[PDB]
There are 2 protein chains.
Amino acid sequence: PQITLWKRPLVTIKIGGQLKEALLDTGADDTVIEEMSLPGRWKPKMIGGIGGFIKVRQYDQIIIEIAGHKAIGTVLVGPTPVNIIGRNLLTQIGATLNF
Amino acid sequence: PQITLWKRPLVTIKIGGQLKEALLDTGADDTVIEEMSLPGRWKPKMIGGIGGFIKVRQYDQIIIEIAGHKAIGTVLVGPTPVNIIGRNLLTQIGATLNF
Ligand SMILES: CC(C)(C)NC(=O)[C@@H]1C[C@@H]2CCCC[C@@H]2CN1C[C@@H](O)[C@H](Cc1ccccc1)NC(=O)[C@H](CC(N)=O)NC(=O)c1ccc2ccccc2n1
C-alpha cells in the first residue's frame with residue numbers, strides 16, 4: 001500500500017489479543033505502546049523524546065500484526081498518548097520513505 | 001529517492017543559508033530546528049512530545065531546501081534534541097510511505 005502524509009499515518013495493529021490504532025513513525029528508533037497488561041518478564045528502561053524522558057517496561061520477542069503484516073520484536077510499554085510503530089518493526093514489514 | 005529504515009533517515013538541509021543535518025519524521029506534525037539565528041519575524045509557541053512540553057519560536061513562510069527539494073513553510077526553533085522535518089514540509093516535497 002501507499003500512505004500519504006496529509007493526515008497522521010494511523011493503521012490498525014493486533015498485540016496481546018487486542019486491536020489498537022498506531023502511528024507509522026520513521027523518526028522513532030523504538031516501538032512504544034500505551035499501558036496494557038502484557039504477560040511475562042520485562043526489564044526497566046528510560047526513553048527520551050522532545051520534552052525529556054519517561055519510564056517504560058521492555059518486553060522482548062512480542063508478536064504484533066501491523067496493517068495485516070506479521071512482525072516480532074521488542075515493544076516498550078508505558079504512559080504515551082499515542083501508540084508508535086518505530087524503525088525496529090517498520091523494517092520487518094518492508095516499509096520505505098519515497099520522494 | 002527511496003530510503004530504507006535500517007538506519008535513521010538523516011539528510012542535509014539548508015536554512016537561513018546554513019547547512020545542517022535533519023531527520024525525516026512521519027510521526028511529527030511540525031518541523032523543529034535547534035537554536036539558531038534566523039532571518040524573519042517570530043512569535044512564541046508551545047509544543048509537546050514524548051517527555052512533555054517545550055517553548056519555541058514560530059517562524060512562518062521560511063525557505064528551506066531538503067535533500068535538494070524546495071519547501072516554503074512554518075519552522076519552529078528551540079531546545080529540541082535532534083533537528084526534525086515533520087509532515088507540514090514532507091507533504092511539500094511529495095513524500096509518501098510505501099510497503
Ligand atoms: C517533533 C514534535 C512535532 C514535537 N512531535 C513529536 O515529538 C511527536 C509527538 C507524538 C506524541 C507524543 C508521543 C510521540 C509522538 C511522535 N513524536 C514524533 C517522534 O517521531 C519523535 C521525534 C523525535 C526524534 C528525535 C528526538 C526528538 C524527537 N520520536 C521520539 O520521541 C523517539 C522515541 C523513541 N525512543 O523511539 N525518540 C528517538 O527515537 C530519539 C532519537 C535520538 C535521541 C537523541 C537524544 C535524545 C532523545 C532521542 N530520541
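The sequence lines fix the lettering, A, B, ..., with proteins before strands; numbering per chain opens at 1. Atoms within each ligand, like the ligands themselves, are counted from 1 in listed order. Reckoned from all heavy atoms, side chains included, excluding hydrogens, waters and symmetry mates.
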Drug at ligand 1 - which one is it? saquinavir
For saquinavir in this structure, which bound macromolecule has the most atom pairs within 4.5 Å, going by the PDB entry? Protease
Neighbouring chains of saquinavir, heavy-atom cut-off 4.0 Å: A, B
Non-hydrogen contacts within 4.0 Å of saquinavir: A:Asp25, A:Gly27, A:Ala28, A:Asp29, A:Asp30, A:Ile47, A:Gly48, A:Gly49, A:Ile50, A:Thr80, A:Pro81, A:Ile84, B:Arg8, B:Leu23, B:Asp25, B:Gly27, B:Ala28, B:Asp30, B:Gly48, B:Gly49, B:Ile50, B:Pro81, B:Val82, B:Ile84
Could you tell me whether some N/O pair between A:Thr80 and saquinavir is separated by less than 3.5 angstrom? no
Flag: protein heavy atom within less than 4.0 Å of atom 10 (C) of saquinavir: no
Covalent attachment point, saquinavir: none
Enumerate the atoms of saquinavir whose separation from the nearest heavy atom of B:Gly49 is less than 4.0 angstrom. 7 (O), 9 (C), 12 (C)
Using distance alone, decide if saquinavir has a nitrogen or oxygen within less than 3.5 Å of any nitrogen or oxygen in A:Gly48. yes
Polar proximity saquinavir side, B:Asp30 side, N/O cut 3.5 Å exclusive: no
Any nitrogen or oxygen of B:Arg8, side chain or backbone, less than 3.5 Å from one on saquinavir? no
